[PDB]
Structure formats: C-alpha cells, structure tokens
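The next PDB entry has nirmatrelvir (bound form) among its components.
In what follows, chains are A, B, ... by sequence order, proteins preceding strands, each numbered from 1. First listed ligand is number 1; within each ligand, the first listed atom is number 1. Header says: X-ray crystallography, 1.6 Å.
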There are 2 protein chains.
Amino acid sequence: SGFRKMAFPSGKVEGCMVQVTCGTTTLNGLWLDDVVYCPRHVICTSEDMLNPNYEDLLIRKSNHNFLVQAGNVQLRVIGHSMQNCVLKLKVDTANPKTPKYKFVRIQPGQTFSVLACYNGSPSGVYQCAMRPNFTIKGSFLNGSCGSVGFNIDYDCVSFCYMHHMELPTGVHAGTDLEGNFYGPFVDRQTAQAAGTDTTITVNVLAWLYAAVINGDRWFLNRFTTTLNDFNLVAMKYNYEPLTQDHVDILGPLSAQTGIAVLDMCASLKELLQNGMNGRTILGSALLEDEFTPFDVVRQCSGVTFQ
Amino acid sequence: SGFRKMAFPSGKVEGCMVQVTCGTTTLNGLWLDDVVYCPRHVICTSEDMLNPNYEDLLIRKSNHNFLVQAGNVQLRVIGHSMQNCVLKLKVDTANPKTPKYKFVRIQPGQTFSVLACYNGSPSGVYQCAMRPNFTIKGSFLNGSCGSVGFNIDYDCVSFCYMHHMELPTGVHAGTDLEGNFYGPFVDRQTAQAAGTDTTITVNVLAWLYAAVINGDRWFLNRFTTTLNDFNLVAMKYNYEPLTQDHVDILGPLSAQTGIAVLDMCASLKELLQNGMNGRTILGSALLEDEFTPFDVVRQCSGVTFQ
Ligand SMILES: *C(=N)[C@H](C[C@@H]1CCNC1=O)NC(=O)[C@@H]1[C@@H]2[C@H](CN1C(=O)[C@@H](NC(=O)C(F)(F)F)C(C)(C)C)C2(C)C
Ligand SMILES: *C(=N)[C@H](C[C@@H]1CCNC1=O)NC(=O)[C@@H]1[C@@H]2[C@H](CN1C(=O)[C@@H](NC(=O)C(F)(F)F)C(C)(C)C)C2(C)C
C-alpha cells in the first residue's frame, strides 16, 4: 500500500548526459550513439537573446567551437547540424552506455520523468505531466536547459522532452527530441504567455481509483451519471471533457475495483460541486491530475524496468 | 523557478540491486563489493511469519540455498551471516558497479530517496522523510522488501534505509543497513502500531522559505515571536518543538531571503491559528513537512552529484 508521485529510475538517462559549451554558454546535452543533442541556444550570447538568428549564428561556428564533455572527458565534435530548435553534434565516439531508445512526441495529459541537470551532471529526478496548455510544472534554474524528460517501457527509454525555457508564473516549456516545441512557444526572450490551463479529468479519475485501491473510499456516492451530464459539470469547473477513449483507458482500473467509470464520474461531480469539506484523499486536500491510468496501474501492480 | 518533490538520481543504486531467493521467497538485495545485503525474512516461509526464529531458520540453510541473481546472472554465494535483521551474503564476485558509499543511520525529520524494486529490478524512485514516529510514508507492495533508501553527497551514496514491512494505515518500517530497525518495530507478523506522528516544524519553515524564493509571499505577516511562544502554539497543533539547532540550520535560507527565522515563525503561527482560507502555497493546500532546509537549498541552487 501507499501512493506516491513516482519517477522512473534515472540510470539509463544519467548515462547519456553531457555538458556542451559554446563560447561562454554551458548547458546540457544528450549523447546517444555518436550524436549529442542539445538546445540550439547554446550558441547564443546574453546579447543574442531577444531576437536571435540561429541559422546565422550557427554558420559562424565550426565543429571545434563546441566543447563537449562527458564527465571528465572531452568528446571531439566532427559534425554539426540544426533540426528545428535543437542541435545535433556528431562526435567521434559512440556512447557505450547508450540504452535502447526512441524519440516520441507525447500528448497533453501524459506524464514523464525529468532528470534535472546542471553542467552535464544530474541534480534530481521528478515526475511531471504535459499540461493541456503545453507547459510543464517543473523545477528548473539557469543552466538546466538540455535536461530531458522520458518514459521507460521495459528496457526502452522513450525520450519525449528537452527543456528550453521558463514562462511567467514559473511554468516550463520545451521541445521534443526533434526540436519541435510543445505549444505555441519560440526560443527567444520575448513576451510569451501560456494559454489558460485545464485539469486533466481522466487523470483525476485514475487517481480516485488509486484512492479506492488504497482504502480511501469516503467520497464514493450512490449515484451514476451520463457522460454528457458529467461533461457539463466538468466544463464549469475548468476540467477537460471526458472522451469515450478516456473511458476505455480507465477500463482496467474500473474492472479491478468493480466501480463503473460513470459511477466514479458521479462521485467526482459531487466533489466538484460540494468540495471536500476539509477532508483529504490519499493525503491530498486538492484533486490530483498528474497520474495517468497507466501510472496508477504501474505503481499499484509493481511494474519494473529492465 | 518552480519547486517539486525531487528525488536523487538513482543510477548508482540501480547498479547495486539484485534478487535473492531462498526456497520460495524472493526479495531484493543490495550488492556492494562482494557482499549482498537483504532482509532476513527471505528465509521465511508464509508459515514462519507470526513468530519466526530467525537464528534457527538460518542454521539450516547453507550457502547454496540462496539463489542470488544480478540481472541475468547468478552470483555464487560463498558465505552468509546475520547482523540484526539483515543477512549478509558473501559472493564470489565483487560488484564492478559499486559506488563510493557509506551506511548511515538517519534521524527523524531527515529525508531520503527510495528506489522501489521488485525481483531485483527497479520500479520507481521517490522522496520520503523519516517521520518522527519512525515510519515512512512510502509506496510498497509484496516483494518490495530489500528496496533501499539513500542520499547522495557528490559521488558518495549514503544508504540509510532497507525496507521490511508495512504498518496499519499504509505506512512503512525498516532498518538501517546494519539491520537495526528505525522505531520500536520487529520483523514479525504481529500486532504492531506506529506511535502518534508529529509534523516536522523545521521542514515546514524550510518550505515556507522555498515559497518566498519562488515569489509565493502572501502569508508573510508583519510580526515576530519568541521561540518559546512559538513552541507553545506548535505544541497545540501537533508540531514538534523548534530547537535552537533547527534555528541555526535555517540560517542559510534566512540570510538568503532576509527573513529572520523568528519572523517566519510568526507567519507560521498565523497559518496554524487561522488556516489558509482556501489559498495555496507552492500549489499545496496543506503545509508540507518533507523538505529539509538542505533539500530546499539544494533544489533552489542546482546542486549536482558526480
Ligand atoms: C536554460 N538553461 C534556461 C532555463 C530557464 C532559466 C530560468 N528557469 C529556466 O527554465 N533557459 C532560458 O534562459 C531561456 C532561453 C532565452 C530565455 N529563456 C527563458 O527561459 C526566459 N523566458 C522567456 O523568454 C519566456 F517567458 F518567453 F519563456 C526567462 C525570462 C530567462 C525565464 C531562450 C533562448 C528562450
Ligand atoms: C516485503 N516484501 C513485504 C512488504 C510489505 C507487503 C505489503 N506492503 C509492504 O511493504 N513485507 C512483509 O510482508 C512483512 C514481513 C512479515 C509481514 N510483513 C508485513 O509487512 C505485515 N505487517 C506487519 O506485520 C506489521 F503491521 F506488524 F508491520 C503485513 C500485514 C503483511 C503488511 C515480516 C517478516 C514482518
């Protein structure tokens, strides 16, 4: 028993972290086989930030201008190119610690672990969700760019996020490993704001199932609801609409607990309309929306990674 | 910016995890140099649980009775001994991935990361505190015993916890790496309950400093208090007494923010007496007590590990 925000083990990723310095800027890079991937802003000076011309700045750099270090060892760069907002630096040595991996673009509402790094060295690991507004609620400082987000499926690391930038109110934005931003953001120091966020309904439902599995059952009521009526309430409380695909994905937890998804929707509706009256669920006074149905199943069943 | 419950990177620990099977029971072990450390209950059958005689059960096992596997490789056991509640299995191969390490006994109020494992394979990593009642609020299932808790200081892993057992209400108990339990608990399936827990005051104060550093300042009031008057209030709300040692440890955060510790005590006193009136601090509706002053400094300054 017990339920905690859990991150994936970070060792496979730690093995791939390096530091990249160009001129005076140092940030993190991801070394897979013989290529180091990093944010393209490593080539910028403090000056260049308001409106950088990356293509232009990259023309005047050669391979030797990039100082890549893996631990205490310099990796010689033998090629470079830019793909969207990331740079790919070909090095003369393949990383012997490269895990089996994929580059994936995740969808909003999905979760991943972030290995926060500074100067190519790991600082910590935590679990995040891609918010509906394409930001993440992270913990990043100057020098954290190039830190990555990932998921693990058995022995395979799916890299889904590279950190680039911090938006007003302390939320974070970045790209996929092909350098394409999540959301309508650009890597320049200009006026940018995230859209209004929304609550990830299917994840809240998943977490209520987690509460039931742990014996925290007080919020279960005696009613049911249609999907449409539930969504009318969810809308009012800035919750995203629950789709039939979401209902289907909740199937394993619904079958395990014997609580129909629409019955648990009726219970959530009551929590939204009435509040929790000073009670907690799994120790939380607010409804939690950064556990997916798969996260819940994975944690409550002890899924491991090779 | 941003503040998240962050765990230490787990790679050094992942490198040390193995599976131990004796008879029909399988749990996790920690392989350091040529010794595998695991919970002594691996030698018990389902039967033996109410009142095992461990010394007796261990007499009738020889080295070959323990099947240790590191990934897909069996490690031959060449010696065994029991130290308190843990077994030490000498193997014929030293673990090449052994990190620099120490065994430490932590104090209540201190935090650590847990690498939750099943069958010698990691499932997830999360951050915990040793509660004042000597339990931890974890997430563990059948087969998780032998999972360890740890801290990292540069390149050195300080192992402080081995998981043994789950207490009523889904809280967890275990030992240090010398096999001595934290708290008044024993490794037998008998009626056991944790004492009443208390809130870790110095950690709540640390987290309020974290909020200030992040710009969440609404709870700062205009007052001060003596240490004694503060402790009279803390007592009433089941908060542990704040000691001068705790005040001193908050010194770096107090100096960074310019808020005297006793001034922030006055603000905490008001939160305890008045509540938060539906407001949040760092996104939380409850006061958080599982960040130490060092955790806050470490996270807000980007401390990395070698
Ligand atoms: C990467 N190391 C930093 C990480 C930031 C620093 C503070 N917390 C972070 O996550 N990334 C940057 O400094 C990027 C980078 C220029 C500016 N920048 C920002 O994150 C800025 N934000 C924006 O401009 C905004 F709001 F539009 F996202 C800053 C005001 C410094 C937080 C480039 C090239 C985008
Ligand atoms: C180790 N793999 C399991 C981990 C437990 C299982 C459920 N969640 C956990 O953390 N450890 C055990 O099964 C230990 C072990 C006998 C029983 N036991 C317990 O944890 C039991 N708890 C107690 O007896 C109590 F309450 F006194 F702590 C159980 C009721 C199964 C949760 C031994 C040898 C202590």
Chief macromolecule bound to nirmatrelvir (bound form, ligand 1) (UniProt): 3C-like proteinase nsp5
Chains in contact with nirmatrelvir (bound form, ligand 1) (heavy atoms under 4.0 Å): A
Side chain, backbone, both or neither: the part of A/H164 lying under 4.0 Å from nirmatrelvir (bound form, ligand 1) by heavy atom: backbone
Identity and distance of the protein heavy atom lying nearest atom 31 (C) of nirmatrelvir (bound form, ligand 1): A/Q189 OE1, 4.3 Å
Deposited covalent linkage of nirmatrelvir (bound form, ligand 1): A/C145 SG
Any N/O pair A/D187/nirmatrelvir (bound form, ligand 1) closer than 3.5 Å: no
UniProt active site of chain A: closest residue to nirmatrelvir (bound form, ligand 1), heavy-atom distance: A/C145, 2 Å
Dominant UniProt domain of chain A around nirmatrelvir (bound form, ligand 1): Peptidase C30
Test item, A/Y118 contacting nirmatrelvir (bound form, ligand 1) (heavy atom, 4.0 angstrom): no
4.0 Å heavy-atom contact, A/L27 with nirmatrelvir (bound form, ligand 1): no
Heavy-atom contacts of nirmatrelvir (bound form, ligand 1) within 4.0 Å: A/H41, A/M49, A/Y54, A/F140, A/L141, A/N142, A/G143, A/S144, A/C145, A/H163, A/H164, A/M165, A/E166, A/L167, A/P168, A/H172, A/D187, A/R188, A/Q189, A/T190, A/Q192
